[PDB]
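Here, zofenoprilat is shown bound to Cytosol aminopeptidase.
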Amino acid sequence: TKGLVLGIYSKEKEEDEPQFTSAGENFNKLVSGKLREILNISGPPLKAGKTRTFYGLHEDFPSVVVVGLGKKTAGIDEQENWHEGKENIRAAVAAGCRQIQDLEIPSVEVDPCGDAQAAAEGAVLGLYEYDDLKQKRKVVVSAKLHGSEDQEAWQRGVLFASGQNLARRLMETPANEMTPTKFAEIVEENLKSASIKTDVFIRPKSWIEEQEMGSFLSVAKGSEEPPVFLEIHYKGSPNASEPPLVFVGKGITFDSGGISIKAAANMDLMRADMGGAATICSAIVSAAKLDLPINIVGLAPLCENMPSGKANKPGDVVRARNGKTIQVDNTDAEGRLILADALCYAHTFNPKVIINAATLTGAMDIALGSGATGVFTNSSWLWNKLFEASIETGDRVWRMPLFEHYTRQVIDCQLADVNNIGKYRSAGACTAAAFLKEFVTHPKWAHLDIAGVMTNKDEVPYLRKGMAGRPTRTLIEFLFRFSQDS
Amino acid sequence: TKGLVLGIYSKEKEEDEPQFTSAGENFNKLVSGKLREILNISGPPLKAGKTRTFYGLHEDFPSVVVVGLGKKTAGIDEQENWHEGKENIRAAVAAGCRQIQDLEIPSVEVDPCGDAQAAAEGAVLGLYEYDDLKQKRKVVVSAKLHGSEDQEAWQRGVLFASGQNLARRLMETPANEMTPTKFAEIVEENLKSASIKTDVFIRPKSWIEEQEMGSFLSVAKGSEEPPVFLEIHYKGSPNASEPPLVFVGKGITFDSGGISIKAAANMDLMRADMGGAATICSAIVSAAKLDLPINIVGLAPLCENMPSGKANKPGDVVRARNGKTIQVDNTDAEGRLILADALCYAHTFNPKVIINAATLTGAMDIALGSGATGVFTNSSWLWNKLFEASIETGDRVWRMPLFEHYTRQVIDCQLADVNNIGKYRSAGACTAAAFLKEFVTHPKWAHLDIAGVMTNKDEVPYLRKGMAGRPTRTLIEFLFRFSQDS
Amino acid sequence: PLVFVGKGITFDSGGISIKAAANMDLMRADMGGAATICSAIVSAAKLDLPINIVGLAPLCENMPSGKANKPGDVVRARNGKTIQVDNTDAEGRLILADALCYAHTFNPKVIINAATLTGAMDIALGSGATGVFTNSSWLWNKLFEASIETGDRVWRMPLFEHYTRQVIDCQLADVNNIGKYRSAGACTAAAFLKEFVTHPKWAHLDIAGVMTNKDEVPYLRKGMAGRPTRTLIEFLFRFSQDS
Ligand SMILES: C[C@H](CS)C(=O)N1C[C@@H](Sc2ccccc2)C[C@H]1C(=O)O
Ligand SMILES: C[C@H](CS)C(=O)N1C[C@@H](Sc2ccccc2)C[C@H]1C(=O)O
Ligand SMILES: C[C@H](CS)C(=O)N1C[C@@H](Sc2ccccc2)C[C@H]1C(=O)O
Ligand code: NA
Ligand code: NA
Ligand SMILES: [Zn+2]
Ligand SMILES: [Zn+2]
Ligand SMILES: [Zn+2]
Ligand SMILES: [Zn+2]
Ligand SMILES: [Zn+2]
Ligand SMILES: [Zn+2]
């Protein structure tokens, strides 16, 4: 059994009937107009993201799912900050593929819908499900481009989507499996499979201690799970000495909050508190697969945050790699602690830019939810590049303020140079960002608080319920454009 | 456009292919085997509750939805306490009708599926949606029996389902619309439309005061919304002097908890705190439509429970109609307060049985959730009758204990004869039931705590998300059988 | 005229969806939206700006009583849209729905509303800046530029259908006065308001985070801040000269 997903646009006022994509019209022609005929008979027109299934139209395609693509000329939506057409395609195709999968069809050919990359992303992101630990699973669906004219674009979409799906897998996987060591090993095998122009160092605790990362170590010690500092190098630049772009990701494989223990409700989701590491590492893996002509370094401090007889204690003062002391008033604000040391280390690479990602604050979720990743940056150039890339990917970013106003609230510290929690409970994502900035001197640094986009329920149509792996594609697009432009 | 819902059973080992119902096979014959042909082509067999849509099979039915009915011989499931076949039909048909509605088809003919009543209930309960206050609504679907051989059974199903839908409407409707007065007027018009052998008395506050219902009055006074004591009579017995069956329902049109105010989260659902009144009144309306040969009296104290300068105050002692004093330690345990007076009044009718329904305790929800209505009764005969009726309707009941063990915890009262909350927080539904029992001397009394079945998310397949109107059909079935048996 | 709308809840107890006792006294400033836009207009008048301005401020208290809004109640806005009041403490958007509808009758050049609308806004940006939701980048830029001068900063927040979807997914009515999820509270609140706006140049300022000052703004003693009144004044001044 082989399924087929075909797109149809919303009817324009000047048109007598909704128009099929080129593939749709061709298939209709192939079946002597039976597709149009049955679609007409089926009832109301298919709107954006809606689907309808027709059976027995062609011996090779017992199941044909037509999906609504919305307005054919839908481009950049000035109000939504994204290319609407691409988003329509991703959603429609995802919906179509899910329908094919529900019919238990193992193979599906997908209409490029005028944008093969978007179509591929919809199919690949849409079909993804982390079901490795389930006895009962949906049929594995192999999605392929319908036709052979948009191959590179289609594969580009598969690549981008696969990068995000890698992040989703890493985030979704339970923490007892996805330990710091396991995460590092999976990223290592993926990066090495992507290109041999790579180096991966799964730095052990001894190295971390040697690097004087007391902040990171303070978080890790509460747990019996060994911490690791993942360092990955992708040497894509023609010039080996070319300064690299450095990505840093919060890799808390599991966050119980530590002594400042979290509430039980939905704490299981904290297995994705390493989403920052997942997204930046996956983006680098994808950059390597794209063979981007740039040098990139990925840094991911990985550990668990657990309560125990040797765990971080509220009030404890720890020393970051840069010598700055930190008062750990709340052990559940551990992401900024490990990032302090990772960000310090990031400067040793004399990077062109430093971008960190982290499921850093619930405040970010309360601020923008899953609508967009919050971006704190001291460079409007960098903000604009990330923003422009997000318009293309649809995985939106929204700028958040890096004001001294917030810095003042974290450096007002009773015992040390900086407190790991603001003196007020307001603007949690902003004070967390201000804290990170105290460990950054680089002129082009961007902090992405992805706590709000850590999961998906139904907000992003082409992502099934679960860890979202956002905004991996936006980072990939950013890297791609940087390798071409910047 | 006219849609068609046809059923197909799960294939038995001895059969070469899954068997259609009589209507399905006949339609297939009508379309020269095209239905079977396309179903075969469509893929995997249809399992219970699953559906698949085929277009253009017949000029009169552009859309045909085949629904899986499960095992043809599925009967009473000893482990689930219900007739599985009927439940399969209700679910499958509901699913089929929802599919027809999504296609925006205004008319649908429904396969009786070997049990027209179950089919009708699935279609009518399944299509129901309270959308009176919405500008955007789904297409109104008119469901009718496919064929003309199972008319009475089909109409019986429509009647039962309509009774439940009336309860759902009353429960779902916002409290500012569904006031005590409005509820009474809607029940009145429905009962009177059902039969002229009825009397309805929308008793005003003056009557309530005359009846010395101090407990009920104490609850109502906090709100500016006038309370009413709905009294409905259905004189179906050939003998006017025949003792009536008396139904009592908690009619709190809105419960804020009063001075013992509720938390904000999901308090909107308390607009259905009159579900007890809704279900028993709807059951009586349906009994009247069925023209059951029995006398039935419905009693529903209706009021709001609001905080104000004259509302019930914790610790206040009120006097029930029977002279018993009640210490109101928690003003949010108001349902038992109004029921105390209604139950007392119920005895004046020298009833054969007294059955009250109420969304009485969150404890009931914690106990059985929406799996079944908790039934507290001092009569195993009555319990068995309710239980047997529930097997048929699928709207299950589960017996809960009326032990002195619980009574002791409510009569251990600091200031009065009985405390409106137990001395311990355990067995909340049982102590609430024990409280009610202090106002009952009748040998055949059953208290139904329907708090757990007040709403539906997806537990009952044939009920869309919202107020469930449960267990209205079980009460109707009980009445029907009582009119025939008892 | 340019039309300004301000949430004027003189006191908010939350109503039946009653607030916690801690610091509820600050809710006497839940009319800050009305205060800032009205004050800005007074100042515009004192500046004798050559423009027509209309100020709209629905004013009332939100109290619990025997006749108060009940969770689940469905009310009808001036534009005929029904609203499910799931949380009576999300009352600012309820009164603004009617005020925003009325604002359109003036065929305004722009519609700007201010409101101490969500605690989510405070959690989002605190007192660092007023959150600005607008369907006009031109309007956003004008407000932003004015804020640079006044120092009473504004920061743009998203008006995405993403949030709209979460408020129009309503059990009983056209729109629910609280999102289906607890995330992005200021954004869903803004989306709710947008359902009562058809104007091409509308800006919603959630000033809940800048309602008070402790010591963040050096030149403001502890207490209600009256922000971002000056930014609105500057905006009006420049509009009277430029736009
Ligand atoms: C998503 C983050 C990172 S794991 C997180 O859970 N935080 C960070 C801080 S915020 C915070 C909460 C209270 C006082 C001070 C700061 C602690 C914890 C929380 O919200 O209680
Ligand atoms: C569903 C019922 C009826 S409205 C309800 O809400 N109850 C009844 C009592 S239980 C209760 C709770 C604490 C102490 C004593 C009794 C009060 C209220 C509640 O759960 O807090
Ligand atoms: C500052 C605003 C306006 S007065 C406010 O207090 N809100 C608005 C809503 S948010 C909200 C909270 C819980 C569920 C749904 C929405 C209610 C109240 C609050 O935070 O509990
Ligand atoms: Na994980
Ligand atoms: Na109701
Ligand atoms: Zn934490
Ligand atoms: Zn964390
Ligand atoms: Zn109550
Ligand atoms: Zn109640
Ligand atoms: Zn409020
Ligand atoms: Zn308010």
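A note on names: the letters A, B, ... follow the listed sequences, proteins ahead of strands, and every chain is numbered from 1. Counting convention: from 1, in listed order, for ligands and their atoms alike. Readers should note that the entry appears only in part, and the reported contacts come from within that part. Side chains are part of it too, since the values below use all heavy atoms of this structure and drop only hydrogens, waters and symmetry mates.
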Which of the ligands or chains here are copies of zofenoprilat? ligands 1, 2 and 3
Contacting chains for zofenoprilat (ligand 1), heavy atoms below 4.0 Å: A
Could you list which atoms of zofenoprilat (ligand 1) come closer than 4.0 Å to a heavy atom of A/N330? 17 (C)
Which atoms from zofenoprilat (ligand 1) have a heavy atom of A/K262 less than 4.0 Å away? 4 (S), 5 (C), 6 (O)
Quick one: nearest UniProt active-site residue of chain A to zofenoprilat (ligand 1), and how far in heavy-atom terms (to 1 Å)? A/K262, 3 Å
Could you check which UniProt-annotated substrate binders in chain A have any non-hydrogen atom under 4.0 Å from zofenoprilat (ligand 1)? A/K250, A/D255, A/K262, A/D273, A/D332
I'd like to know if A/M364 contacts zofenoprilat (ligand 1), where contact means a heavy-atom distance under 4.0 Å to any ligand atom. no
Help me out: UniProt Mg(2+)-binding residues in chain A, which have a heavy atom under 4.0 Å from zofenoprilat (ligand 1)? A/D255, A/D332, A/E334
For zofenoprilat (ligand 1), note which part of A/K250 has a heavy atom under 4.0 Å away: side chain, backbone, both or neither. side chain
Heavy-atom contacts under 4.0 Å between A/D273 and zofenoprilat (ligand 1): side chain, backbone, both, or neither? side chain
What source organism does the PDB entry list for chain A? Bos taurus
Nitrogen or oxygen of A/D255 less than 3.5 angstrom from that of zofenoprilat (ligand 1): no
Nearby ligands and ions, under 4.0 Å from zofenoprilat (ligand 1): ligand 6 (zinc ion), ligand 7 (zinc ion)
Can you tell which part of A/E334 has a heavy atom less than 4.0 Å from zofenoprilat (ligand 1): side chain, backbone, both or neither? side chain
Site residues for zofenoprilat (ligand 1), heavy atoms < 4.0 Å: A/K250, A/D255, A/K262, A/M270, A/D273, A/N330, A/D332, A/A333, A/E334, A/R336, A/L360, A/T361, A/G362, A/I421
Pairs under 3.5 Å, N/O atoms on zofenoprilat (ligand 1) and on the protein: can you put them in a table with the distances?
| unit_1 | atom_1 | unit_2 | atom_2 | d |
| --- | --- | --- | --- | --- |
| zofenoprilat (ligand 1) | 6 (O) | A/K262 | NZ | 2.7 |
| zofenoprilat (ligand 1) | 6 (O) | A/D332 | OD2 | 3.4 |

